[PDB]
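Structure, clotrimazole included.
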Amino acid sequence: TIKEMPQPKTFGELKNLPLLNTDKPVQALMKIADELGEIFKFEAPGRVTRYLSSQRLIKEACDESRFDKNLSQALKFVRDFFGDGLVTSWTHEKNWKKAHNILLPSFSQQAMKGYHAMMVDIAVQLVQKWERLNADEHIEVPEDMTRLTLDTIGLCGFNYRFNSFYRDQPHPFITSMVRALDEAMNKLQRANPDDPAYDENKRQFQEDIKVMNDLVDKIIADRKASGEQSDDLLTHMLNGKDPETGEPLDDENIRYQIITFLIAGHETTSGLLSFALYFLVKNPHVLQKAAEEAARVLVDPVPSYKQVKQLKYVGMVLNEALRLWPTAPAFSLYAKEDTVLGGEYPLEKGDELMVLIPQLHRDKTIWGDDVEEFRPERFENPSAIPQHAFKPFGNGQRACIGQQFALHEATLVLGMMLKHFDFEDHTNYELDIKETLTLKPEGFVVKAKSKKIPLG
Ligand code: HEM
Ligand SMILES: Clc1ccccc1C(c1ccccc1)(c1ccccc1)n1ccnc1
């Protein structure tokens with residue numbers, strides 16, 4: 001029977017908006033979902049979203065005959081930067097399907113086998129950094145994972161070396177992007193955007209845009225000028241033709257894809273590796289099991305592609321980390337036509353739904369009562385997981401194109417970490433989840449005692 005949709009508390013003309021006046025809006029939305037259940041309406045001035053949290057409703061929203069990928073408010077905002085790249089394009093935009101067809105071969109098994117050696121290059125730099133620490137020095141986990149994941153996408157994707165392990169501070173490209181996005185957001189909150197007090201902000205913004213454009217120019221120019229032509233993501237961007245049309249990407253779209261992939265390729269994976277290490281050091285029985293697997297499988301000085309595929313329990317650790325804290329914590333959908341969701345909630349054409357992935361992943365009707373515990377064995381039998389219960393990589397044709405890249409990199413790196421070191425949660429770290437568009441365990445630190453096993 002038709003039901004009235006719960007809605008949290010309203011503040012006059014501001015509606016629900018100031019419930020998100022917090023540095024942890026996703027964690028706030030989870031608490032609302034705890035109070036109101038599987039679906040709730042959330043209104044801001046001029047905007048309406050419905051937040052879904054149950055597998056039963058999310059399964060229906062994932063029916064692509066009824067619902068398509070929506071560009072949420074955050075996606076429409078970052079579209080100013082990522083244009084009609086794969087992430088920030090509508091499914092019905094010609095450049096989506098075209099780039100999808102051209103770039104999908106960059107994530108084939110053959111391509112993955114080709115990325116493996118370059119992933120090992122960066123993973124070795126990570127291990128060697130930690131091997132080289134003096135006594136009593138600790139590791140800043142998310143910081144080092146970010147160094148790794150940035151360098152991995154740069155190298156595997158574009159043959160560009162960020163050399164993040166040679167720097168104290170983040171690469172200027174990252175700093176520029178962060179500061180440009182922060183400025184663009186601050187702009188929207190300024191009562192008087194033409195106040196001369198903001199002149200320096202505007203000048204800084206142009207400089208930051210130029211840092212980003214200079215890197216994209218260099219990545220393209222160095223490839224075109226090189227004697228080596230390689231076979232990577234950039235190769236397909238520059239040369240690949242859409243089989244449906246015979247056309248290659250145009251120059252403008254290529255530039256959007258490059259920055260799209262540089263950003264997509266690193267920060268969500270960095271958080272995954274950080275959360276996985278967090279859970280491991282908090283669950284010493286799981287850590288021992290994972291470490292036993294790493295020692296038994298990784299019998300050569302550097303892992304091979306096939307050995308990474310054999311790290312089954314490491315893979316389950318990573319899925320269980322993505323269950324609890326999926327590092328892209330939502331994706332957005334809209335109703336293609338008028339329709340009724342769950343036989344209970346009528347929707348008009350165009351209505352937006354937000355999939356609240358952390359809350360999906362805590363649906364007790366699917367996972368049982370222990371949803372807050374870290375138990376990788378939940379994934380021991382993959383056929384037992386109902387479809388649409390586990391969605392850290394989105395849905396359908398708009399699912400993450402890089403999912404296998406991310407997981408292969410993370411499995412490789414976590415395996416090598418577990419082979420080469422014993423880890424200590426020397427501060428008894430208290431989980432504090434810092435939110436941007438992603439999630440990270442802020443201030444997570446550990447010590448790594450080397451097992452003195454040499455690399456190749
Ligand atoms: C743990 C790591 C990752 C997570 C959690 C993640 C998550 C997601 C999710 C949820 C989407 C769907 C977005 C939406 O529906 O609006 C998505 C799309 C995408 N991801 Fe990822 N991602 C990860 C890693 C990567 C990596 C390593 C790359 C690139 C090498 C990548 C590139 C993309 C692209 C290009 C899309 C857009 C696909 C399309 O619609 O054509 N992601 N990702
Ligand atoms: Cl937001 C964004 C912009 C450009 C590329 C990728 C992504 C996205 C993401 C999410 C959180 C923090 C940084 C990037 C993302 C966009 C929309 C919905 C989910 C994730 N992403 C990273 C990996 N795959 C997709």
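All residue numbers refer to positions in the sequence shown, counting from 1. We read in the header that X-ray crystallography, 2.1 Å was used to get this structure. Below, all heavy atoms of this structure are taken into account, side chains as well, without hydrogens, waters or symmetry copies. Order of listing sets the numbers, starting from 1, for every ligand and every atom in it.
Counting every copy, the structure places clotrimazole at ligand 2.
The chain sharing the greatest contact count with clotrimazole is, according to the PDB entry, Bifunctional cytochrome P450/NADPH--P450 reductase. Applying a cut-off of 4.0 Å to heavy atoms, one finds the binding site of clotrimazole to be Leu75, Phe82, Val87, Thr260, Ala264, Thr268, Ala328, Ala330, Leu437, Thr438. In this structure, atom 1 (Cl) of clotrimazole lies nearest to the protein heavy atom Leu437 CD1, 3.9 Å. Atom 3 (C) of clotrimazole has as its closest protein heavy atom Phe82 CE1, 3.9 Å. Protein non-hydrogen atoms do reach within 4.0 Å of atom 22 (C) of clotrimazole. Of the protein's heavy atoms, at least one falls inside 4.0 Å of atom 5 (C) of clotrimazole. Distance from atom 18 (C) of clotrimazole to its nearest protein heavy atom, with residue and atom name: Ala330 O, 4.0 Å. The atoms of clotrimazole that sit less than 4.0 Å from any heavy atom of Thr260 are 5 (C). Nearest protein heavy-atom neighbour of atom 8 (C) of clotrimazole: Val87 CG1, 4.7 Å. Nearest non-hydrogen protein atom to atom 19 (C) of clotrimazole is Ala328 CB, 3.7 Å. Scanning all protein heavy atoms for the shortest distance to atom 17 (C) of clotrimazole gives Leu75 CD2, 3.7 Å. The single protein non-hydrogen atom nearest to atom 24 (N) of clotrimazole is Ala264 CB, 4.1 Å, given as residue, atom name and distance. The nearest heavy-atom contact from the protein to atom 10 (C) of clotrimazole is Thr268 CG2, 4.0 Å.
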